[PDB]
Amino acid sequence: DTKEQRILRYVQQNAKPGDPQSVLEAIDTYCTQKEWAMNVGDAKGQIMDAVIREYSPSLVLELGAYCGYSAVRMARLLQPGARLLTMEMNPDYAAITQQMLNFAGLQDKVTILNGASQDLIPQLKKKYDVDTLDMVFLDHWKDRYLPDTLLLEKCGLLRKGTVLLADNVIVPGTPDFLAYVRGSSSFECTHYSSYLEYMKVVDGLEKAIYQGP
Ligand SMILES: C[S@@+](CC[C@H](N)C(=O)[O-])C[C@H]1O[C@@H](n2cnc3c(N)ncnc32)[C@H](O)[C@@H]1O
Ligand SMILES: CC(=O)C(=Cc1cc(O)c(O)c([N+](=O)[O-])c1)C(C)=O
Ligand SMILES: [Mg+2]
């Protein structure tokens, strides 16, 4: 099997069905003790929790689902009737993510879209009945953060106050995205210093709030 199958199996055997907190704890234990994996992790996850709680977004778009750790993290804090859309182009990972959300009991709040964000974002309004997004979590391949931010803008999916929250702006780093949003009057930016998941390596999240065109 794969590392991602092993993470899912560990959750199934070390967490409680319908208990998202125990799912997060099981993933973080497995990835600390056994196999590193690119989940946002508990240190940066706590910052995300604080952001989600501050904004109480009704519609969140996640770019990059992997095994479902950040989808579980965010969906467990969504208010009743709020929703998360998560885009994941790797079908093996999308299948793991669905099973992770099912185990956590959060599947009614999350819709997985299997495809590439650059192909799916232009379809959100017509095919997925989106007006504008309240919050976007960018955590896919780092060279896509800037192109997809610009694409979300072009597609009319950002409104004044939409929160963009970007993982890994230090490691691996997203230099063009970071320079662009920090230099742009269309975004108000804040940096949240933290640590790379499961490692004593400095990383950080960037929050970029859209200000309109
Ligand atoms: C860092 S992992 C996501 C981790 C997840 N957000 C978490 O914290 O649990 C990055 C993911 O982005 C996916 N990916 C990369 N480029 C993508 C794209 N253009 N569209 C959709 N998914 C993409 C990869 O297949 C991978 O699963
Ligand atoms: C390239 C890679 O795998 C590494 C970290 C990483 C961490 C993330 O949090 C993340 O989202 C992504 N990503 O490529 O999407 C990657 C390292 C340290 O090698
Ligand atoms: Mg990441």
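Since chain A takes its numbers from the PDB entry, the residues it shows come out as 3-215. Start at 1 and go down the list; that is how both ligands and their atoms are numbered. Just the heavy atoms: all of them, side chains too, but no hydrogens, waters or symmetry mates, feed the values below.
- What sits at ligand 2 is the drug nitecapone.
- By contact count, the main macromolecule holding nitecapone here is known in the PDB entry as Catechol O-methyltransferase.
- Defined by non-hydrogen atoms within 4.0 Å, the binding site of nitecapone is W38, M40, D141, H142, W143, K144, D169, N170, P174, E199.
- The atoms of nitecapone that sit less than 4.0 Å from any heavy atom of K144 are 10 (C), 11 (O), 12 (C), 13 (N), 15 (O).
- Checking distances below 4.0 Å from nitecapone gives these other ligands and ions: ligand 1 (S-adenosylmethionine), ligand 3 (magnesium ion).
- Residues of chain A that UniProt annotates as binding substrate and that have a non-hydrogen atom under 4.0 Å from nitecapone: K144, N170, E199.
- Of the protein's non-hydrogen atoms, the one nearest atom 17 (C) of nitecapone is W38 CH2, 4.2 Å.
- Checking atom 19 (O) of nitecapone against the protein gives no heavy-atom contact under 4.0 Å.
- In the entry, the organism recorded for chain A is Rattus norvegicus.
- Proximity to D169 (heavy-atom distance under 4.0 Å) selects the following atoms of nitecapone: 9 (O).
- Under a 4.0 Å criterion applied to the non-hydrogen atoms of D141, nitecapone contributes the atoms 11 (O).
- Nearest to atom 10 (C) of nitecapone among the protein's heavy atoms is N170 OD1, 3.2 Å.
- Of all S-adenosyl-L-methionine-binding residues UniProt records in chain A, the ones placing a non-hydrogen atom under 4.0 Å from nitecapone are as follows: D141.
- Ranking protein heavy atoms by distance to atom 7 (C) of nitecapone, first place goes to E199 OE2, 3.2 Å.
- The single protein non-hydrogen atom nearest to atom 16 (C) of nitecapone is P174 CG, 3.8 Å, given as residue, atom name and distance.
- Between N41 and nitecapone, not a single N/O pair is under 3.5 Å apart.
- Here is the list of nitecapone atoms found below 4.0 Å of a heavy atom in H142: 15 (O).
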